[PDB]
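Shown here: vaborbactam bound to Beta-lactamase.
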Amino acid sequence: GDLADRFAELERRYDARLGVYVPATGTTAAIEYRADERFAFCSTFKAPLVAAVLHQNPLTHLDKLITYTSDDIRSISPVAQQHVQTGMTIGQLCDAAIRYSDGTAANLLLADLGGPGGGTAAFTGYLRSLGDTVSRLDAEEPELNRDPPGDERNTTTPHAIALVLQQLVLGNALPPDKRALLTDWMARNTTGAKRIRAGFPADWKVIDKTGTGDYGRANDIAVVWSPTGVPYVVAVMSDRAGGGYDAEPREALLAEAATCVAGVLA
Ligand SMILES: O=C(O)C[C@@H]1CC[C@H](NC(=O)Cc2cccs2)B(O)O1
Ligand code: NA
């Protein structure tokens with residue numbers, strides 16, 4: 001259709017590979033572009049990671065204090081690295097993992113799921129439990145960013161991650177109370193002003209989880225509400241693998257992709 005051609009023009013203009021998935025609703029068709037193609041998760045996994053922790057524990061667990069050392073700061077950790085002396089509660093870790101993409105928080109929450117591979121296996125299994133047979137997490141931060149194009153490790157697809165997020169925020173994967181916490185953390189995200197948010201009019205609400213990696217990898221997964229309160233899930237994934245491991249990620253690609261989506265859903 002014409003929208004596919006426009007996504008293709010966007011890819012050509014940015015010298016990038018773009019993936020888009022907006023699940024169909026009772027009133028709207030799905031928007032799909034390279035939606036069954038694999039893209040690195042990057043920091044986007046930190047949102048479903050928080051859902052896994054929520055899922056597996058009573059809410060009182062959020063008050064559990066976790067201590068760690070400066071040697072645990074092995075990845076970009078804007079919150080955790082300033083709380084080595086105090087520790088952080090599981091809830092604070094969930095907050096940081098989503099709103100600041102905190103990698104140490106992510107690793108600690110992975111550990112909290114238990115089992116081999118520092119909780120990476122358990123994370124993947126959580127996604128399996130939501131019907132996702134595609135996504136896989138194989139390493140902790142930062143080593144999960146190291147995989148070259150073509151390697152299936154630490155990848156998802158726009159389709160798979162969109163349907164995960166759909167079930168988590170809009171569906172019944174979580175009880176409404178836990179769902180509200182996940183939603184609130186994504187709502188107050190600090191990292192996403194220049195991506196999906198930048199492509200929707202100000203009277204639309206946007207909650208989201210960003211990620212950035214090597215090979216120009218830039219993702220955003222969002223739930224948006226129209227001015228009338230109609231929700232949609234918008235997953236946008238990109239890389240610029242053609243330019244090499246140090247290709248510049250382009251936030252503006254995601255904003256423009258989201259603009260194209262907002263045009264269809266207005
Ligand atoms: O939310 C965002 O968009 C940024 C977030 C930062 C932590 C994670 N990145 C890393 O830890 C290393 C990186 C490689 C290339 C860039 S940062 B994550 O994937 O992305
Ligand atoms: Na500190």
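Residue indices begin at 1 and follow the sequence shown. FYI, side chains are in, hydrogens and waters are out, and symmetry mates aren't considered; it's all heavy atoms of this structure. Remember, it's 1-based here, ligands and their atoms both numbered in the order they're listed. We read in the header that X-ray crystallography, 1.9 Å was used to get this structure.
All instances of vaborbactam are found at ligand 1. The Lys209 neighbourhood of vaborbactam (ligand 1) comprises atoms 1 (O), with distances under 4.0 Å to a heavy atom of that residue. Ranking protein heavy atoms by distance to atom 2 (C) of vaborbactam (ligand 1), first place goes to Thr210 OG1, 3.3 Å.
If you look at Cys42 next to vaborbactam (ligand 1), the close heavy atoms, those under 4.0 Å, come from the backbone and the side chain alike. Taking 4.0 Å as the limit, no other ligands or ions are near vaborbactam (ligand 1). At under 3.5 Å, a nitrogen or oxygen of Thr212, whether backbone or side chain, sits near a nitrogen or oxygen of vaborbactam (ligand 1). Residue-level proximity to vaborbactam (ligand 1) for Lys46 is carried by the side chain, the only part with a heavy atom below 4.0 angstrom. Heavy atoms of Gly213 come nearer than 4.0 angstrom to vaborbactam (ligand 1) in at least one pair. The shortest N or O to N or O distance between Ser101 and vaborbactam (ligand 1) is under 3.5 Å. When only interatomic distances are considered, the shortest N/O to N/O separation between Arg146 and vaborbactam (ligand 1) does not fall below 3.5 Å.
Remark: minimum distance from atom 20 (O) of vaborbactam (ligand 1) to any protein heavy atom is reached at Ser43 OG, 2.5 Å.
Residue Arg217 does not touch vaborbactam (ligand 1), judged by heavy-atom distances below 4.0 Å.
As for UniProt substrate-binding residues in chain A, a heavy atom under 4.0 Å from vaborbactam (ligand 1) is present in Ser101, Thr210, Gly211, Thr212. Lab note: closest UniProt active-site residue in chain A to vaborbactam (ligand 1), heavy-atom distance to 1 Å, was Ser43, 2 Å. The residues of other chains having a heavy atom under 4.0 Å from vaborbactam (ligand 1) are listed as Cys42, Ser43, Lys46, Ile76, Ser101, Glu141, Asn145, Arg195, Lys209, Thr210, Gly211, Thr212, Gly213, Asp214.
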Which pairs of N or O atoms, one from vaborbactam (ligand 1) and one from the protein, are separated by less than 3.5 Å, and what is the distance for each pair?
| unit_1 | atom_1 | unit_2 | atom_2 | d |
| --- | --- | --- | --- | --- |
| vaborbactam (ligand 1) | 1 (O) | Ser101 | OG | 2.7 |
| vaborbactam (ligand 1) | 1 (O) | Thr210 | OG1 | 2.6 |
| vaborbactam (ligand 1) | 3 (O) | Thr210 | OG1 | 3.4 |
| vaborbactam (ligand 1) | 3 (O) | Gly211 | N | 3.4 |
| vaborbactam (ligand 1) | 3 (O) | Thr212 | N | 3.2 |
| vaborbactam (ligand 1) | 3 (O) | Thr212 | OG1 | 2.7 |
| vaborbactam (ligand 1) | 9 (N) | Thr212 | O | 3.3 |
| vaborbactam (ligand 1) | 19 (O) | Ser43 | N | 2.9 |
| vaborbactam (ligand 1) | 19 (O) | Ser43 | OG | 2.4 |
| vaborbactam (ligand 1) | 19 (O) | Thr212 | N | 3.3 |
| vaborbactam (ligand 1) | 19 (O) | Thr212 | O | 2.6 |
| vaborbactam (ligand 1) | 20 (O) | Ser43 | OG | 2.5 |
| vaborbactam (ligand 1) | 20 (O) | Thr212 | N | 2.9 |
| vaborbactam (ligand 1) | 20 (O) | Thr212 | O | 3.3 |

